[PDB]
Structure formats: structure tokens, C-alpha cells
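Along the sequence shown, residues are numbered consecutively beginning with 1. Header entry for method reads X-ray crystallography, 1.2 Å. Just so it is clear, the values below take in all heavy atoms, side chains as well, and ignore hydrogens, waters and symmetry mates. Just follow the structure's listing: the first ligand is 1, and inside any ligand the first atom is 1.
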Amino acid sequence: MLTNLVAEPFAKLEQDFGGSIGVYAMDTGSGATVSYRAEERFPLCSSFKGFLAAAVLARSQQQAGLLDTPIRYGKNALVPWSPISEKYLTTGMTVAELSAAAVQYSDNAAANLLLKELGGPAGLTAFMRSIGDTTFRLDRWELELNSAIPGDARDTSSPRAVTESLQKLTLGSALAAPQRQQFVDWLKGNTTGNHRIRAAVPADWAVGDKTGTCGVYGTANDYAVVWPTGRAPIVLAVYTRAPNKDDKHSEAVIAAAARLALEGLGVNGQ
Ligand SMILES: *[B@@]1([O])O[C]([C]C([O])=O)[C][C][C]1[N]C(=O)[C]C1=[C][C]=[C]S1
């Protein structure tokens, strides 16, 4: 009834990109949605790290002091693209600091350390099942989860399930109130997304996001909660892939798809 009330040229955008774009956007006030390839699977890439941090926050509700726990690690724990954890190799970091690094810098070593805390990819998947997400699956660790192989369901979800779970965690009741605001605050402090959904969002609106870039198969993504002033928040997810291993990802295409999603919802923006 309220899905795709206004058609938007997503097909032309993905054809110009040379791949596939998946979009799901939800106006949490009216329930209206924009949906394009929204139930297809796309690789999560580093976007799983947002849900990883939420799963850590959920575990901290039953294990008080978890966030403050100092974690030491060896050089063998470093993974290419660990921009924060490499600076604390000789000191260690807290669980909360690792979580913030995973969310805000996509830190790979931090992500693997936190996955170990949860019992691995199946532990994160179990958390997602516990909030009602039956689509999400994490199967591997960094960096193997970035292979983005066409047709491979490992380490994928759908734009719709990403958006639905993001809404539950940032705006609904999946986390207790203090943990919910901490998750929002980590997303708001993200540093990796300035050229993606944020580039479609006016500077005077609040926004938290989590990006991912697999590095192959034109595969990259971003999901976000956006608070336009004077109306209810919008939750959205934009995922891309492409058929050839050497196909380039495009941040501009992600920003453009986000613009179309906001336009389709009737949200006056840029
Ligand atoms: B992850 O999938 O994405 C991060 C970048 C982001 O958030 O958009 C970087 C770490 C992960 N990616 C990889 O390890 C492979 C890389 C692709 C580009 C730079 S590192």
C-alpha cells in the first residue's frame, strides 16, 4: 500500500554503474517505504561491524563491565586496514574502544577480536536471529568474508533485513535504552561515510551510518539512520555489487541512490 508510492530511476542508475543496486528505505513515521532489489542478497563487507557492535552492547546488558574490559593483543592479531588498533598494539584497548573502532573506522583487527568475544560468525548470526532477522548470515572472519563471490550467500544479507534490523537496534526495543543511545552515538561518529549516504543528507540533519567496501566485484554499501528536522527518522540501506571481479565500486552511486530514496519518500532534502 505504502511501498514505492513514487517511482524513482534506480534501474538507470545501476545500469550506468554497471551492476546491481539494492535499496530499502523506511519512513518510520508513516511506514512508507522505497524498495528496489530490496530482498536480494548482497555481501555485507565491513557493514557487519555495525551489527557486531550492537551484539557487544547487547551482551553488556547481562555482563556488566564488559565494555570496560581491557583487551591486549599480539601483532598476529593485526589485519590489513586496522587504523586504530595498530596505534594501541603496545597498550591494548577496551572492548568499548574496539567496538567504536570497528564502527567508526571499520577496523579489521578490532572486528576479529570482537567476533572472538561473541563466539565467532555463528555468534553474531545468533544475535541477529534473536532480534528477528532471519536473513543475515555471517560465515567467515576478516579478511576472508570480503570475497563477494557472485551467487555466494556467505556473509550476506538483504537491504530490507539490514534496514529492519537497524531500526530495531537504533529506534526500537532490541537494545536497552542506554545501549541503544551508545549504538546511535557510535554510528553518528562514523568517519568512513562522508561520500555515501551522508553526501545525500543535508548538514543540518543528524545521521549515523556504517559503510562497507569489499574491494572486489564493485561491492560496497552503507546503511544509516537519518533524523530530518521536524519529522520522524528515516532508516535506509544501500548495497551494490557488480558481475566482474575487477569492477570498481562507486561512492557516488551510493550517494545518488540515497538521494533517490529520500525523494521517493517525499523527504525534502538537498
Ligand atoms: B570493510 O569491508 O570496509 C572498510 C571500508 C568501509 O567501511 O567502507 C575497510 C575494511 C573492510 N575492507 C577490506 O578489508 C578490504 C578493503 C577495501 C578498501 C580498503 S580495505
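- The molecule at ligand 1 is the drug named vaborbactam (bound form).
- Per the PDB entry, the macromolecule making the most contacts with vaborbactam (bound form) here is Carbapenem-hydrolyzing beta-lactamase KPC.
- Each of the atoms 2 (O) of vaborbactam (bound form) lies under 4.0 Å from some heavy atom of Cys45.
- Considering only non-hydrogen protein atoms, atom 20 (S) of vaborbactam (bound form) sits nearest to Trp81 CE3, 3.8 Å.
- Here is the list of vaborbactam (bound form) atoms found below 4.0 Å of a heavy atom in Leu143: 14 (O).
- Heavy-atom contacts of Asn146 reach the following atoms of vaborbactam (bound form): 2 (O), 13 (C), 14 (O) (cutoff under 4.0 Å).
- For vaborbactam (bound form), the atoms sitting less than 4.0 Å from at least one non-hydrogen atom of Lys49 are 1 (B), 10 (C), 11 (C), numbered in the order shown with element in parentheses.
- With a 4.0 Å heavy-atom cut-off, vaborbactam (bound form) is reached by the backbone of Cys214 but not by any atom from C-beta on.
- Source organism of chain A, per the entry: Klebsiella pneumoniae.
- Shortest contact from atom 3 (O) of vaborbactam (bound form) to any protein heavy atom: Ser46 OG, 2.3 Å.
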